Amino acid sequence: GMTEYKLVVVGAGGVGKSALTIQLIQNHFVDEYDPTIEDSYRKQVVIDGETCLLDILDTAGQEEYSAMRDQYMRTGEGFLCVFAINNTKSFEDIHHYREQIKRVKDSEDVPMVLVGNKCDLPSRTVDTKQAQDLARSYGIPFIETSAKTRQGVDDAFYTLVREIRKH
Ligand SMILES: C=C(F)C(=O)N1CCN(c2nc(OC[C@@H]3CCCN3C)nc3c2CCN(c2cccc4cccc(Cl)c24)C3)C[C@@H]1CC#N
Ligand SMILES: Nc1nc2c(ncn2[C@@H]2O[C@H](COP(=O)(O)OP(=O)(O)O)[C@@H](O)[C@H]2O)c(=O)[nH]1
Ligand SMILES: [Zn+2]
Ligand SMILES: [Zn+2]
Ligand SMILES: [Zn+2]
């Protein structure tokens, strides 16, 4: 049978939500992708021998909290919380995204992975130890990714699937 996993990618504008998603879906680094466009993608994949369908929401658009937006985000079974390792503000914004995730899921235990993207970049401002400690305090995995070199892309999404399996 084919289990679907509904995944939602969140994180500050410009951290790489779209580039990560396209790199998963299309196996290409797209260095300019409309920052406003929010879309969803299906990909049949095999994770630990399980054939599954990833249904991935690449969050975009504007910050608003209508009932329609809440209902779409609430269908998410697991969330990628993405920051950029060269952007300390995007790391600090993880608090707000985890806050919104918990709100719509009405749960203090939501499958989540903390994703530190742009690990190909030399000019890093967020230490790995700092991101590891945050993820540890939340009980979630941390993974560094580069949508540009594709390092960790599959594993960030697969790790999220394994967290969804846990709950
Ligand atoms: C190109 C870009 F600009 C760009 O890509 N976006 C910037 C604008 N978006 C958002 N921004 C901020 O807050 C930005 C800052 C941080 C502190 C407060 N705000 C001042 N918060 C949200 C959004 C999207 C909608 N939303 C959510 C609404 C309702 C329910 C949710 C449940 C779970 C998770 C979410 Cl995420 C929910 C929260 C979209 C995207 C970012 C994403 N994700
Ligand atoms: N160097 C590098 N740049 C990246 C990476 N991921 C995204 N970018 C760049 O960061 C910018 C914003 O990426 P985007 O996917 O649109 O971020 P989004 O707003 O979160 O969807 C783009 O110009 C990308 O070229 C990465 O892993 N490494
Ligand atoms: Zn985007
Ligand atoms: Zn679906
Ligand atoms: Zn908030």
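All residue numbers refer to positions in the sequence shown, counting from 1. Counting starts at 1 for both ligands and their atoms, in listed order.
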Just wondering what drug sits at ligand 1. adagrasib
Find the chain in most contact with adagrasib and give its name from the PDB entry. GTPase KRas
Name every other-chain residue that has a non-hydrogen atom under 4.0 Å from adagrasib. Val10, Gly11, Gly13, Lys17, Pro35, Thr59, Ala60, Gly61, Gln62, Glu63, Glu64, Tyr65, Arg69, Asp70, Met73, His96, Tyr97, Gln100, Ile101, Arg103, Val104
Show the atoms of adagrasib that are less than 4.0 angstrom away from any heavy atom in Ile101. 33 (C)
Ignoring angles and geometry beyond distance, decide whether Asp93 reaches within less than 3.5 Å of adagrasib through its nitrogen or oxygen atoms. no
Report the overlap between the UniProt GTP-binding residues of chain A and the residues with a heavy atom under 4.0 Å from adagrasib. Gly11, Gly13, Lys17, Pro35, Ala60, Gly61
Proximal adagrasib atoms for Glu64, defined as those under 4.0 Å from one of its heavy atoms: 28 (C)
Output yes when the distance from some N or O of adagrasib to some N or O of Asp70 is under 3.5 Å, and no in every other case. no
When only distance counts, is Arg103 in polar contact with adagrasib, meaning an N/O pair under 3.5 Å? no
What are the atoms of adagrasib, with element, lying closer than 4.0 Å to any heavy atom of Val104? 30 (C), 32 (C)
Going by the order shown, which atoms of adagrasib are within less than 4.0 Å of some heavy atom of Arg69? 24 (C), 25 (C), 28 (C), 29 (C)
